[PDB]
K.L.:
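Here it is: the structure, laid out below.
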Amino acid sequence: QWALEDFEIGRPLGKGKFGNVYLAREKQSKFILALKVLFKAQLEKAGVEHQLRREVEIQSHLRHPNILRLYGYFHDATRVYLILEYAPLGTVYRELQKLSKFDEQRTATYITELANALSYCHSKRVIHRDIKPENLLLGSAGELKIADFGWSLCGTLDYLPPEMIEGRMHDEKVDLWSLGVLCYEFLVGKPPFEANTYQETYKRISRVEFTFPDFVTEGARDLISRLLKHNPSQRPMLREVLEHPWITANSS
Amino acid sequence: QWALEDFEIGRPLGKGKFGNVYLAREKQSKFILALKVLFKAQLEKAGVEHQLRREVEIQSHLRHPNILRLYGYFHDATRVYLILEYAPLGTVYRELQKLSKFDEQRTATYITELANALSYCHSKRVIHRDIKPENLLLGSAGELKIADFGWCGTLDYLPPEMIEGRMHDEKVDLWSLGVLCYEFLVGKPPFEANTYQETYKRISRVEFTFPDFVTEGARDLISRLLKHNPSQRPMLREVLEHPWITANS
Amino acid sequence: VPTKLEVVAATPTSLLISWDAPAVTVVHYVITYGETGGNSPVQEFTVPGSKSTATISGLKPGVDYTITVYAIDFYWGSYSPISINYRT
Amino acid sequence: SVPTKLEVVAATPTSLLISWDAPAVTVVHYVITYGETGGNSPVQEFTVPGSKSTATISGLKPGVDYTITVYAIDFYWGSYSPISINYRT
Ligand SMILES: O=C(Nc1c[nH]nc1-c1nc2cc(CN3CCOCC3)ccc2[nH]1)NC1CC1
Ligand SMILES: O=C(Nc1c[nH]nc1-c1nc2cc(CN3CCOCC3)ccc2[nH]1)NC1CC1
């Protein structure tokens, strides 16, 4: 059992319209923690309170180095508290918004870590993990941690394959399309299908309309292209992606 | 490029979750239609624009007699307008509120319309269409028309492979079809429980019962449609050729 | 949650309690009551989530009872109870 | 009419500065179209960042009247109902 009176809420770590995340620590042991606060009204109003309750049970029976941990949860009249692992270095979104581009190795390294988790998740039947930059955190040793615990030019459309946006059948092969999109984003600094309006982007995804700048190396240009394919079956396997020469060369 | 000054707004038809709907007529053509008006403020507070904007593009490519038509959309500063087909007979949710349940002739008929609408969606590779009483309208000739836009909850209509968090295919429509047939006959969701933990188990374990006034024909269909393993569920073509609906249509 | 829980009316044979709306969807309330202090295990009955009152019958006069009610959220379980003492 | 305050701030025989009240809403970018009013030659289009509230139009002939239509684009729901004004210079 958990309660709000067992945490020393330190300084905030994020303030948005969907919820707040404060720096906290266990009182008995002084163990640093991350407390994610969400409001039932917004969750109930959006129809996501179920999905949030679904992730809590799913993410409690699985552990992985590159997967943020959920150490419990509690609630009150209006709010819903989540006990999350702490990540000192922050989110890859902010670190990306500052540096804009990553090294050829940092990208190949991030892609290496994400691929391992997706295989660990795709094995347990846990298909589709949102791995957009906003849901990627950086730990003490500079390692990624997928943090899919609810909300947080374009939005979440830039990371979806044609199967999702069109409401068609999807499977574990959507994760590959996300790696290709995210990989393209670390090197170039922007999703490949990003446009000015929702419809414009929707058409570029469904039609697979994107282009590679000149500075994009040849190795990365072969992996990203092998993942961004309309047919989800033509895509590779998470094992083959790990064997790609460009990854094995620059990754770590 | 429609605009608010192109319609003759009139009697209100209802009050949705993110706004209200009105009844209007196309000025330049005198065509009647339903004009759903959703306040952006209520849309952005819950972040549901992309969920509806995505549904718009999906249904925009879908034009079936049993699927509500979306002729176009326009917006202003603080409101988003959806130009929807008109349904003079109201919403099926109102029928279940006035009647509490349907006769096997009305259910088998509605199940026959939906099985067709679902098969049309499968032809376009579109799956998982919400067909709860809320999103079902009644056209002019008693034609059931699906309306997926917005405005327990949907949990009751979710198959056992989606609450558990696993990959799903086109068979989720067979589940919701059987679930829907159960509500039209009984007037209640078959897996409606008190709490989430209880509602989850009953769906994951298929813990439902047939009242005394449920015939063997219907009981057999619902039994066939409500199979834990999606492979064990029937095919839409077989549903249409089921004895229980071939006689009650 | 419930935050308030008073006794609006009572009789030598039964009592009638009431509470406030928690500004949140509640599945249903669990009502437990018994002689405050400790004579034997307490009882437990449920009341729908839409109702804001209950009626416990079968209480002897002159017994400082302790009624406890805790709401249950559909997704997140039970709330923190709110107990109040009353002498029949 | 979004934008609302479509007006002419500055002008000259060569170029022309246009402005409009901030929409107080997230706009991706503005599309401006201008051409000889009354149904003359086709118009000319060019885009403007969604943060700016002004725009410059260069290369005009003095005297002719022009209909300057400004479209405000919303990411999700496309363009608003435009606002046009005639200007002679
Ligand atoms: O769940 C979240 N974040 C976290 C989960 N685990 N740990 C975090 C979090 N939030 C983090 C924020 C920062 C940077 N700030 C400045 C320096 O001191 C720490 C705070 C660094 C690391 C952070 N980690 N959501 C973030 C607020 C939007
Ligand atoms: O999608 C909606 N409406 C419609 C789209 N197309 N057609 C409708 C709609 N809504 C309808 C409602 C009624 C019955 N009521 C009593 C008589 O007049 C006022 C409403 C009848 C027909 C109706 N059609 N949502 C609002 C809550 C109903």
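Chains are named by letter, beginning with A, in the same order as the sequence lines. Note that chain A is numbered according to the PDB entry, with residues 127-278, 289-388 shown in order. The PDB entry numbering applies to chain B: residues 127-277, 290-387, in that order. Chain C is numbered as in the PDB entry; the shown residues are, in order, 6-93. Following the PDB entry, chain D shows residues 5-93, kept in their order. Counting starts at 1 for both ligands and their atoms, in listed order. Below, each value reflects all heavy atoms present in this structure, side chains not excepted, and no hydrogens, waters or symmetry copies.
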K.L.:
Help me out: which chain holds the greatest share of contacts with ligand 1, per UniProt?
P.N.:
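It has the most contacts with Aurora kinase A.
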K.L.:
Choosing from FK-866, AZD8329, AT9283, SYR-472, RWJ-671818, what was placed at ligand 1?
P.N.:
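Of those, AT9283.
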K.L.:
Mind listing the other chains that have a heavy atom within less than 4.0 Å of AT9283 (ligand 1)?
P.N.:
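The heavy-atom check gives A.
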K.L.:
Hey, which organism does the entry list as the source of chain A?
P.N.:
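In the entry, the organism is Homo sapiens.
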K.L.:
Per UniProt domain annotation, where in chain A do most residues contacting AT9283 (ligand 1) sit?
P.N.:
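Those residues lie mostly in UniProt domain Protein kinase.
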K.L.:
So, out of the UniProt active-site residues in chain A, which one's nearest to AT9283 (ligand 1), and how far by heavy atoms (to 1 Å)?
P.N.:
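In chain A, the nearest UniProt active-site residue by heavy atoms is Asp256(A), 12 Å.
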K.L.:
For AT9283 (ligand 1), which residues in other chains have any heavy atom nearer than 4.0 Å?
P.N.:
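Heavy-atom neighbours of AT9283 (ligand 1): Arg137(A), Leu139(A), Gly140(A), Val147(A), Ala160(A), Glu211(A), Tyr212(A), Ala213(A), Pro214(A), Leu215(A), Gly216(A), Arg220(A), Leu263(A).
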